[PDB]
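Drug on board: thioridazine.
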Amino acid sequence: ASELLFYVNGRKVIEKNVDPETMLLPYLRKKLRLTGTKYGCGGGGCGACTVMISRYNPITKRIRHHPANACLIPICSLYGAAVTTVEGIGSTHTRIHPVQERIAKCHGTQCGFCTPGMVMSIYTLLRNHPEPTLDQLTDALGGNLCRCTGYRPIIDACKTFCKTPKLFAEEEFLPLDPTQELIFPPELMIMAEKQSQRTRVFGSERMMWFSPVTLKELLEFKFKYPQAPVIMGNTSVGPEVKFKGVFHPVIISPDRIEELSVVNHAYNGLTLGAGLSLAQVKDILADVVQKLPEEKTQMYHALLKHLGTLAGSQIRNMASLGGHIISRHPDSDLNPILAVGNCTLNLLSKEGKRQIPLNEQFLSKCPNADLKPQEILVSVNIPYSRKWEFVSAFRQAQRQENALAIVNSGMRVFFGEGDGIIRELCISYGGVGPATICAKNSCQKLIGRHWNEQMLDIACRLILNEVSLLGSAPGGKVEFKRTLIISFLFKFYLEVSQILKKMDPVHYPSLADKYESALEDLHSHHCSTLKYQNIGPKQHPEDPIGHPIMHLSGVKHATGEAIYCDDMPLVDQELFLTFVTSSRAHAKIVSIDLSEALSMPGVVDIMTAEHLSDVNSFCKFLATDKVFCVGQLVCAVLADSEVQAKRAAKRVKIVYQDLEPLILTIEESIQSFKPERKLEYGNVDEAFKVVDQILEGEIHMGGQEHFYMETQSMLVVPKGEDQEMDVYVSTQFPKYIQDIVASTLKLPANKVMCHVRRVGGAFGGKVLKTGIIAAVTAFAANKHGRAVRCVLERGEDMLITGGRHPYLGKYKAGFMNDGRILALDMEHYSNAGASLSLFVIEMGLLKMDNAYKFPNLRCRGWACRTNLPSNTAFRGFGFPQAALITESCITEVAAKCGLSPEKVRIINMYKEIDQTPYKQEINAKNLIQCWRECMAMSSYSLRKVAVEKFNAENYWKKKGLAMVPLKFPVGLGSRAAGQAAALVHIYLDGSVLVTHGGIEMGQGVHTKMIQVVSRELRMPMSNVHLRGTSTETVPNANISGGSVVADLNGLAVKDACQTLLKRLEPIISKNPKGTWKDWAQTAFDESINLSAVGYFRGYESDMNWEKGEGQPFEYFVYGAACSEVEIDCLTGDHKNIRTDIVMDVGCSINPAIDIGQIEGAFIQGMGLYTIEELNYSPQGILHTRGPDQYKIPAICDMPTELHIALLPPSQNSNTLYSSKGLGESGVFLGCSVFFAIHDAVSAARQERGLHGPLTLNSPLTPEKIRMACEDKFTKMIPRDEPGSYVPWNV
Amino acid sequence: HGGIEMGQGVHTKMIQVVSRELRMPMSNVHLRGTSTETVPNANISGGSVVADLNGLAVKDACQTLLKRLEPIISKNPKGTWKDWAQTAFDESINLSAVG
Amino acid sequence: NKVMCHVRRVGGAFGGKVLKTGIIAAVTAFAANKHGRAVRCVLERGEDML
Amino acid sequence: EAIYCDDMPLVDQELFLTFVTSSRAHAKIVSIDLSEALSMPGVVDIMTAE
Ligand SMILES: Cc1cc2nc3c(=O)[nH]c(=O)nc-3n(C[C@H](O)[C@H](O)[C@H](O)COP(=O)(O)OP(=O)(O)OC[C@H]3O[C@@H](n4cnc5c(N)ncnc54)[C@H](O)[C@@H]3O)c2cc1C
Ligand SMILES: CSc1ccc2c(c1)N(CC[C@@H]1CCCCN1C)c1ccccc1S2
Ligand SMILES: CSc1ccc2c(c1)N(CC[C@@H]1CCCCN1C)c1ccccc1S2
Ligand SMILES: Nc1nc2c(c(=O)[nH]1)N[C@H]1C(S)=C(S)[C@@H](COP(=O)(O)O)O[C@H]1N2
Ligand SMILES: Nc1nc2c(c(=O)[nH]1)N[C@H]1C(S)=C(S)[C@@H](COP(=O)(O)O)O[C@H]1N2
Ligand SMILES: c1ccc2cnncc2c1
Ligand code: MOS
Ligand code: MOS
Ligand code: FES
Ligand code: FES
């Protein structure tokens, strides 16, 4: 019956008979046509859907602004609220807001897909803190992920708001005017001013939603519908219904009930209301710890600590305290701390008040200790600590911030009296079972004992007995979890045996000098410097080549006006396509049952391989009789809406029959015929006879998800004449989309056109699978004579799409005692997934050499078919894998030689003039110069001894340092692959329209082409415009990949402009002072054509793989990278302190864009080598929930200090304006972090007496780090027999 | 091309021109329409000369394409257009032309 | 370079789809831009003749 | 199946433009009153030369 009234961007919104299942993110985009708020992941993780919620409190008479993720907000909970969106704060047609201006002009957008989310986080903080500190801004951005920029640009923009040659003019930014901000809509203030008691009701066929606005009403609805969930923030229930198949027919969702918002400062503690957000609790507790004595604020410190790392700011401002406590997540960070602190819950029912303790039995949901079905949590009591009462909280995860815990803990002690006899003890752990667990029996046995090391040894063992983990346990990481449990117990000992020394120094002993670093955690600050050339006096001041010109679409990224593929409006009567994918790794499809699915609401069609017949293949789209991996396409469900399609897809019943063998690993794939790729240089077998030492070793390397922020997206629109299709798709290869769609429809290419304006990141993962999906989508569209849209959710996308190839490298190395590798016999193995990969092996081998001359070399490679998602090409294209393995070989030799890796790197380096394994002459002057400048700027030698100084002084924390050189050759297989084309029109007003085969993915290609046009035609960039990329305008264009897009399309764009000048030479000479409008007009008047095709034939390139020699590369991008880290030997955490990068780029066409490519590549590499990890079960299922969640780098992961230098220009008359195409280059430089961690672990291994075989694999995770730092805790843990259990992973 | 189909059958005549000049069936040629995004600065479709003048421009483009493909066509006289186009791409010869 | 005009076919013209067509398109595009919306203008036969 | 301009599908949220035309051959426009017209259902805007 009730109406849903709220505001969005100042404008009233009324929905009558509203569906209560409607979420805000869909509503904004589809119903309000506000497409700036984006879909990234759909679980609150990435912050792409960040918005501002505003509410008036009629009691306190103040407007409260908080951030939130729109993907989890149900619109029925917005009654009387004011949503603000990226569009709301400014636009190009109104006026640009400063946050929008600065994030763009600081070059903080590349692909731009994360920009609106960043803007709304920044904007929201500024509305609460107009004069902020940088900490407050970076804390707000804790939940905001970016895959392109590396964060530094966004942090520079944040600094401009903080009181305290460049890429951007900070002084030119208009100042923030807090008095001229958006007024909170006055009507909502009037609505709140009358405290209506009317309980609101919304409904549909599926759901009934009750919003009680009083406590009396709330309890009345809790009696009626006892099993209905009380929705507050929807950050627990929301993700469960979204992808754990849960459904609630009745929802109770109360408004701000004053009893649930209580903040009572009691005599013996405080009572916090169940409706308070976690962010509000953090403020309340941060306030009291600053104004009460430390003796009483012990519990509030522990909660503060874990609230600092709990998700990001968006989830904290949504999630409620009561919701946290009641939802009882096993990996809850707060509940273990609450468990140990004698906290009690204030319950309330219709039939009265009640109070129960928050104990292990409550956390394990024992009915007699739980809430009754008819009652609610009103508030929680958290008492003040007494004298000699101490509490600590610990946690470890994949990264420091915005990531679920692997293990966490709360631990309390009580001594009383003052002596050292322990009188109470509660020790709770999370992430080690289905619920939070208290070691009640261990603690009972420890009562009466003293606080000494003899307690620890026994306390560790009976804890290890009590908190048992089966080797098959959910989450995996069993051996690591075991260690963390006792390693936190060790840290707790040290914290307590220190506050005791502080308070009572004569009785208790001082800590061991080397041990003290265990207590301080690894915090952060973000410093950076950017060196580059700035030509110059010779050049015309309006020539834009060399200048740091902002990305053309950058401000539109900031305002949300940039249209990405799904942002295209609803086409009349369009349908939606979604796929049923395989749930088995290698099985026979015995049957499919579409009966229930076909009958369901909105369903137009469901296609199997049968229904595609002879057009189910290219150069198979849907599975036929067998499946060969999880995530393979099986059915295509077509419906009138997205929800209807997803619903019907879940009721498609497929039954399988598993098949042997189930091949998952590379070793398993090695047991018909694979083609070999080989490089022979010198004579390896004779070299092995004349070397001081021989060394065998290997390293495995994990894959990598692309994690483009824009998921796979397309709109396929049939014209309704001559079977014409228009295909709008986020892809890197329009020509391939054209071909596969045309082929599928059995049409000539002239009927199918593919159009691409922009792609929200790609990195290689928007090519082959994109076309398969576009082919299937276009089949449906043609079949039903309707436009069809296919956009994948993040889970589907990661499963359906591939990743980077996992590698295995095997090497046998002969070397001298000074560290010269005179013989090397290399083997590469790529994990291909279900299909072939060999392109990647080839580039692996050709770029394997990197910075080093290997005078006798035998490099061999083989792609390996497994039953996992079919992996694709990735930014780096074999080099990140092939380079790491040679550095691994170098590091193992260094160890045997007693020399540092950097001495072995410099002794094996290519000389100024030298030759590659494939007989190409190279000028490695800039390789050497990059290495030297990187040693100098980083002050390597001085920091080297500072790290050795630290390591000799610290036992439980170590630092490490590494430097790595870069040679990234650029060049495709052949001349035809590197050809490119453009089309340039000059209109009679003098304005220019240009286009070309290249695709904007965030790399700023289109910006560079306008810079090229500006130079060549001698006109401002404002006078040139580009719409996008199309097969209708420029045919037969090659893939946008290989670090050469701007490089090659730039030459074609140049070619077109020069053709136009040749024609206009007569016109220009007769009127030198004339404008372009005059020249264009007088050209038309004299019948001179003002349209021209541009063309570049391509770089000459060849490779004879029989002989193993050729000229495949046009030029070489050189560099070096130094990185420093500190590790936590107890937990396995690490911090990246500093990273210095020097890079030969030739003459940069745009140093803002080119520096942005280095940072992005570097951070994408850093992730690959450290924190990015895909977990697969023994049955080939990808794990995607809990601590198994996949984590790209965040702001917390970004190096604290970052220096980037570009080497002065080098003159290369074979490329566009002597520039070098980077983009892929910097990825490998992130292994500097890998080897810095490798060094740090070696320091702990040397001190402790652990010599010999140190092979750490990539990704170098906290699991791998901590288990490498062996000690009494690693040797102590329980261990299972290898084959006695089935593991969760590997 | 810059010309507009008003019912006078201009587009039909341009495909007839393309069919003669490239020596291919009319079924192998397609036209979608007219656009300032593809062909700039086009004069009015009037004066009894639309097909007349746009036909000469369409002819001009086809001949430009043959000049480039003359090497390709002589080495393989029996070949199809698919073969000639493919081998043109393989040898970095442009297959787009203004008329 | 910001404005593109696309024409697939015309259902007869004979000279009468030039100057007034552009006037109407100019006015129509002013509205579309003003309100940030697609705008369609199709005349009835009486209006058209007048 | 031949698509003419008005045969193009409804674009999402598109508006419609129609003209008020002159009913006199040579006269002065002493005034225009858009008051009733502006208040009526669906009306987004009415433009004069102003
Ligand atoms: C992206 C993301 C990251 C996260 N990261 C972390 C992390 O790092 N660490 C961590 O510890 N947690 C994390 N969480 C979990 C989060 O803290 C909880 O989901 C949240 O605290 C639950 O609060 P809520 O208000 O959303 O509960 P809701 O989803 O609204 O409700 C959950 C349950 O509690 C019940 N309930 C709620 N209020 C009451 C009441 N007053 N009386 C009775 N029953 C009630 C409901 O009936 C329901 O069954 C994360 C969640 C997300 C989505
Ligand atoms: C590669 S040097 C270069 C690069 C960009 C521009 C430029 C020169 N000129 C020359 C002025 C020309 C002379 C020829 C016809 C058009 N008029 C404007 C400008 C001068 C002043 C403002 C903007 C520009 S744009
Ligand atoms: C102006 S003479 C003219 C006009 C139209 C066609 C034509 C000749 N040819 C030549 C065959 C060419 C030879 C060159 C390459 C392509 N093959 C088909 C045809 C023969 C048979 C069927 C259709 C056609 S299309
Ligand atoms: N922001 C952004 N940068 C990116 C990519 C991307 O998808 N987004 N892709 C990379 C890849 S894999 C390649 S091959 C190059 C291609 O463009 P370029 O040749 O102009 O550098 O861009 C790189 N940089
Ligand atoms: N069916 C049809 N035929 C038509 C017209 C038309 O609108 N429809 N316009 C005429 C006019 S006024 C001119 S100028 C010519 C232009 O086309 P052409 O030069 O190709 O004949 O077509 C003539 N024939
Ligand atoms: C198909 C898929 C990926 C590719 C990456 N780089 N070059 C060519 C490719 C062809
Ligand atoms: O060539 Mo980039 O898409 S791996
Ligand atoms: O030239 Mo025809 O439109 S009178
Ligand atoms: S946070 Fe909602 S889209 Fe990723
Ligand atoms: S620009 Fe931030 S995700 Fe691409």
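Residue numbers start from 1 in every chain, and the chains themselves are labelled A, B, ... in the order their sequence lines are given, proteins ahead of strands. Whatever order the structure lists ligands and atoms in, that order sets their numbers, starting from 1. Part of the entry, not all of it, is on display, and contacts are counted within that displayed part.
- Mapped onto the model, all copies of thioridazine cover ligands 2 and 3.
- Within 4.5 Å of thioridazine (ligand 2), most heavy-atom pairs belong to the chain that UniProt identifies as Aldehyde oxidase.
- By chain letter, those with a heavy atom nearer than 4.0 Å to thioridazine (ligand 2) are A.
- Checked against UniProt, none of the FAD-binding residues of chain A turns out to have a heavy atom under 4.0 Å from thioridazine (ligand 2).
- Using a 4.0 Å heavy-atom cut-off, no UniProt [2Fe-2S] cluster-binding residue of chain A is near thioridazine (ligand 2).
- Applying a heavy-atom cut-off of 4.0 Å to thioridazine (ligand 2) picks out A/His540, A/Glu542, A/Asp543, A/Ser1014, A/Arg1015, A/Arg1018, A/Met1019, A/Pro1020, A/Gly1074, A/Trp1076, A/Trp1079.
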